[PDB]
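Working notes, beginning with the structure itself.
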Amino acid sequence: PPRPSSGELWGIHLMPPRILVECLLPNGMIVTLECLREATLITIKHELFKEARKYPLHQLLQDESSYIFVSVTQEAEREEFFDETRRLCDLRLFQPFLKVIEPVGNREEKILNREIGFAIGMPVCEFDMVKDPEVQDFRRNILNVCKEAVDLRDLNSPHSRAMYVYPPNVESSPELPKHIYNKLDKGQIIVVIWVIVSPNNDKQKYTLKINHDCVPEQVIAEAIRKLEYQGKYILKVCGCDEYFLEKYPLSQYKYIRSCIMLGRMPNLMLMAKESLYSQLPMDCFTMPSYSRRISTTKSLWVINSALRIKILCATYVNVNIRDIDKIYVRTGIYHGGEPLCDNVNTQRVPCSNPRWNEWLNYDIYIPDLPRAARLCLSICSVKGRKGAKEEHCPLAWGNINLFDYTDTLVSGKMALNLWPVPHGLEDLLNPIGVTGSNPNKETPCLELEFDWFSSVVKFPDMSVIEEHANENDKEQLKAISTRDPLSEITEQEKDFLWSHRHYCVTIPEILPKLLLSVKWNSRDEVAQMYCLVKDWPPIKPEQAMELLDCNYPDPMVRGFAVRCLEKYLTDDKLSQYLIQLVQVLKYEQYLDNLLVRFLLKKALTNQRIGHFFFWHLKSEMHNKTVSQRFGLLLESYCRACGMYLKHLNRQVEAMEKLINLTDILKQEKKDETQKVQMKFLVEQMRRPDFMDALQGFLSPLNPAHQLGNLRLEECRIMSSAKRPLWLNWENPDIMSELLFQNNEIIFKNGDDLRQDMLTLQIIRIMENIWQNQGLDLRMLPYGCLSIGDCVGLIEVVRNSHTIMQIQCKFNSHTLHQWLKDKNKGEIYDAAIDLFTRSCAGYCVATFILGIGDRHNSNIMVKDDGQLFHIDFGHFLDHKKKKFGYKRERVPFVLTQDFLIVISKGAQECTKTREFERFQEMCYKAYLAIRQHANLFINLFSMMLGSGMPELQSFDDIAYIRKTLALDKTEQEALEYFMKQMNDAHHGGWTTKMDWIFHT
Amino acid sequence: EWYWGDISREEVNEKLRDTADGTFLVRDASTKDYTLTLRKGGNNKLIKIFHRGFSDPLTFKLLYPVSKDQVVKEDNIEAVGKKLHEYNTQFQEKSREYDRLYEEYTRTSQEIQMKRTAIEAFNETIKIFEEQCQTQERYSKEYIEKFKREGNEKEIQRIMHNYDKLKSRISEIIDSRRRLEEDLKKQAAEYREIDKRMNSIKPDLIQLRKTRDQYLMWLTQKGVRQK
Ligand SMILES: Cc1nc(NC(=O)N2CCC[C@H]2C(N)=O)sc1-c1ccnc(C(C)(C)C(F)(F)F)c1
């Protein structure tokens, strides 16, 4: 199983400096050897074989070099230690013992399987054990994706190898927004090209004035001038591992686009193609042993009977017999989150005797069962003690697919281990939850019985399914297609949409609404919908993503969505929405599907995608609902990612050391002072095992950032209760002085960072919409990555302080005076403008999202005036359950301190031309998000099964429908936003004209 | 009375949740004139009522209507406000107790998993150490026989001393596993008790919130209106 902790032994976080190790010799002798904690296995083996001469039967011992050590790890695995350079403290030993054996079996395969097991947090040998044929079929069949990707990487070597490892970090379009193009001097960019001249590695500066749309080769051509040369070189960003290897306009590269925007000087480095081409290892994939092993009918439409399922008994329930009256089994037949017929309950039985032996009859004809049909069930309790009032509560839930991965309808007897009810879920059924039995068998087990039809029942083939077997309305269809995914759809509209299903093809983006109009409990309507899906024109990827959420479970519908992504989703947008795409994998009925194949292919053909794909899957390996699926997926990724596996193992081991160090501070050393904790911190960090693991690896926040040597004098335990570690590394890039010299990251062990990760992603998407519309509202979506169960990394924003830090260094003018002192003379206006623009972005984003209340400690300001928010924690209607009030809060109220800055110290702050301009930025920002409401609703909808407590149902998403006033007109929505700002600030918010909203 | 005014789609969903077929209520359109919501096949059907019902010409089954049960049974605002304060105080206390119970539930469930993994590691360790006894036995027999016939007493004693060391270590590992199995057995029982406590608090917490929300709605209704 996965490691209980990150400690050096079971029940011991750190080994003492010297430790007794029990060594089991192959002659049956036991030798106790005192070893140094950091000693390598080669040292220990040499020390052991010298000592073994002083023991009986020594003559039976072959040469020292003929053996390796084996031991039990904290994962309960018998691990063979082929790499004898490893230290005793890094072996993850369960107990301090080592057994001496002769190496047997496939050495190469065992070494790779260990490296994969380490990356994923679980031994790969656990998969070989699994009896489920769906699991063994996935392991074998996914290898075609692995093979396809690896060949495509070596196809045009070494360029295709360079494009894999260092893909172009580019925007989705070369088109420049007005305010960005106008920052250029007649469509021309001033760029600085640096050259490392050998043999003394001197830096030469070349200032080039070229067109913005100049392709990288053209930039090189000009550097020569200030024939043979043009084609022998490559461009790299100074200070990081980002390369310009593809023929894109220079301005389309995010670094350049960002440089134009910020009015910053782009600092590039020119180097020879071969200097990079040589450093790229030729990646090799090898077919695993399990791909070379000897493994281990009627149609549904001819079955003339209604659906029925027998509920036998449950092993037990955990209820207080004096508090609950009865228990029963609630069941339902679902297609997504939509029941296909009414829910059916068993009879109520005593708490102490969970036995039903009841056939439940469903209002559905067996041939009418759609392909993605699921049985959603739970054991519920009933308390009927006040009047005729009853309180029904779920005890445990479970979901099953009525058809398996081979299209076989469930039959005979089935035992299902039920799952605990998620925190906050009050619904009796959990249809959004995963399918299958709980791997933990020490849970209530519900015995079921499905019907037998004297044979194996199979879902009809596609050929059989394509049986055919049979002016103002244009404006109405255009209106329905523009509505948000969670807007109300009437039965009249459903009938209207189904009637015009063949004309719907002319407006392809109407498909999600048309699919919700279909009667999924009718094989006649579904067969017709299937024929339309097959020939349906492709929709935009941002629209296709909706068809991957928990509301669209149909494999043909999901198949269509994947094909739109394969054809139109750019690597930029895939990286942007990767968090959502990994999450919707949890909604997939089966392990093998088109979405998992598409994502794995992309992760194995672009290392930027691969890096975050690995960490998003790895971060959830602790969660038993997805552990097997994500483990199998990660195995296939690690088997084919090439050399990147070694870089990922370095990140994994550096993270494990940090988890262990913080566990010590939070557990054993919890009652010690900051001073005593800091002494232990510096001493432990200076050990060779720690220095080796925490230096010279890639940043998990950004793999283009190299983490060199630690600056230990800058490393510290923060004053917060969870004991966050502030860490500082040197940037080892030869031209680090041009980007940043210090890479600072906060490591936090204790808080769930998933909600903050999602908020920071949403902020980044909002900022991009704003920029692409001519609105320069600078946000600061700092890096945040969850790496496990309530463990993650936060990117430090340097030269920034909280409002409280500024105030403690006061009156309402302190903040403005502080900004004046930091931005003197001619740079003052730029600071006020940046504060104003950043304020407007944060004002709008926080109001739309309903994030946690702002105060002086969760608002930060950079020296240059850039304002930003930290520690989001909460979002949406997080105060509804707690206080029951029906309101849309304004978390970021612009107090006098903020108004004084915006108005440059004016007496009447709201009456200024500065405040009028600020209001206009807010109004435009708000309407820009409202116009893109579908994307945000879809992004939140794709996160419903993530397990975040504040994002559990479509009703939680309803909050954004209110803040964006989606049921109102654009004019009413703006009046609504102004009213919210006026109510929160006690007046001050104005506009131009009430009746038509024209200046 | 089935007419419910300016209540959201989400409020209707809560009122129609797990209800029988035919259950309905007419509310103000979400901004468009009136919406009829009918419970059919475990789903809430939205039927628009156009005004100039839902048929081609507006010539102006619905079995059970959701009517506007009085949870609040007080005369005046002061008594209602006093009761809201009492229910809200009990609610916040019970919510805090539930959160504390949930954290202990998670911690216990996690520690149970850690102990279960460690037991498997103990089982694998004990096997290795027993295999070592067996290895020592297979080799020892032929050498013990030789040293006895040769007359080396101190050599047989050395082989015996090492075997005793191996057996005492095995006994210590076995006893450590036995103690872990005991701690797991006691923690598994603690888990069931925490699950039971949470299964008792959950219905009471939901009823308390609903009553609090009802008294809040009464106060809003009786107080000075318009916004
Ligand atoms: C993005 C960011 N940047 C920072 N920068 C500084 O703290 N600086 C930078 C200058 C010195 C120092 C200071 N202001 O004293 S803190 C920070 C941040 C973001 C999100 N959460 C946090 C915490 C502290 C709540 C967490 F999670 F780590 F515990 C911090």
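Chains get letters A, B, ... in whatever order the sequence lines come in. So for chain A, numbering is the PDB entry's, and the shown residues are 2-227, 244-313, 324-497, 525-863, 872-1061, in order. We number chain B the way the PDB entry does; in order, the residues shown are 332-363, 367-386, 391-398, 423-430, 434-592. Structure method, as recorded: X-ray crystallography, 2.2 Å. For ligands, and for the atoms within them, numbers begin at 1 and follow the listed sequence.
According to the PDB, the drug at ligand 1 is alpelisib.
The chain in largest contact with alpelisib (ligand 1) bears the name, in UniProt, of Phosphatidylinositol 4,5-bisphosphate 3-kinase catalytic subunit alpha isoform.
Every other chain with a heavy atom under 4.0 Å from alpelisib (ligand 1) is named here: A.
The binding-site residues for alpelisib (ligand 1) (non-hydrogen atoms, 4.0 Å) are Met772(A), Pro778(A), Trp780(A), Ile800(A), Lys802(A), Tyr836(A), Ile848(A), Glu849(A), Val850(A), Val851(A), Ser854(A), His855(A), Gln859(A), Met922(A), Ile932(A).
Counting atoms of alpelisib (ligand 1) from 1 in the listed order, those under 4.0 Å from a heavy atom of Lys802(A) are 26 (C), 27 (F), 29 (F). Applying the 4.0 Å criterion to heavy atoms of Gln859(A) picks out, from alpelisib (ligand 1), the atoms 13 (C), 14 (N), 15 (O).
Counting only heavy atoms, the protein gets under 4.0 Å from atom 2 (C) of alpelisib (ligand 1). Counting the atoms of alpelisib (ligand 1) from 1 in the order shown, those under 4.0 Å from a heavy atom of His855(A) are 14 (N). Per-residue contacts place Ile848(A) under 4.0 angstrom from the following atoms of alpelisib (ligand 1) (heavy atoms of the residue considered): 19 (C), 20 (C), 27 (F), 28 (F). Near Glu849(A), meaning under 4.0 Å from any of its heavy atoms, are these atoms of alpelisib (ligand 1): 1 (C).
Of the residues of chain A in contact with alpelisib (ligand 1), the majority fall within UniProt domain PI3K/PI4K catalytic.
Shortest contact from atom 20 (C) of alpelisib (ligand 1) to any protein heavy atom: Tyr836(A) OH, 3.5 Å. Each of the atoms 1 (C), 2 (C), 3 (N), 4 (C), 5 (N), 9 (C) of alpelisib (ligand 1) lies under 4.0 Å from some heavy atom of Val851(A).
Checking only distances, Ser854(A) does come within under 3.5 Å of alpelisib (ligand 1), N or O to N or O.
In this structure, atom 28 (F) of alpelisib (ligand 1) lies nearest to the protein heavy atom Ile800(A) CG2, 3.2 Å.
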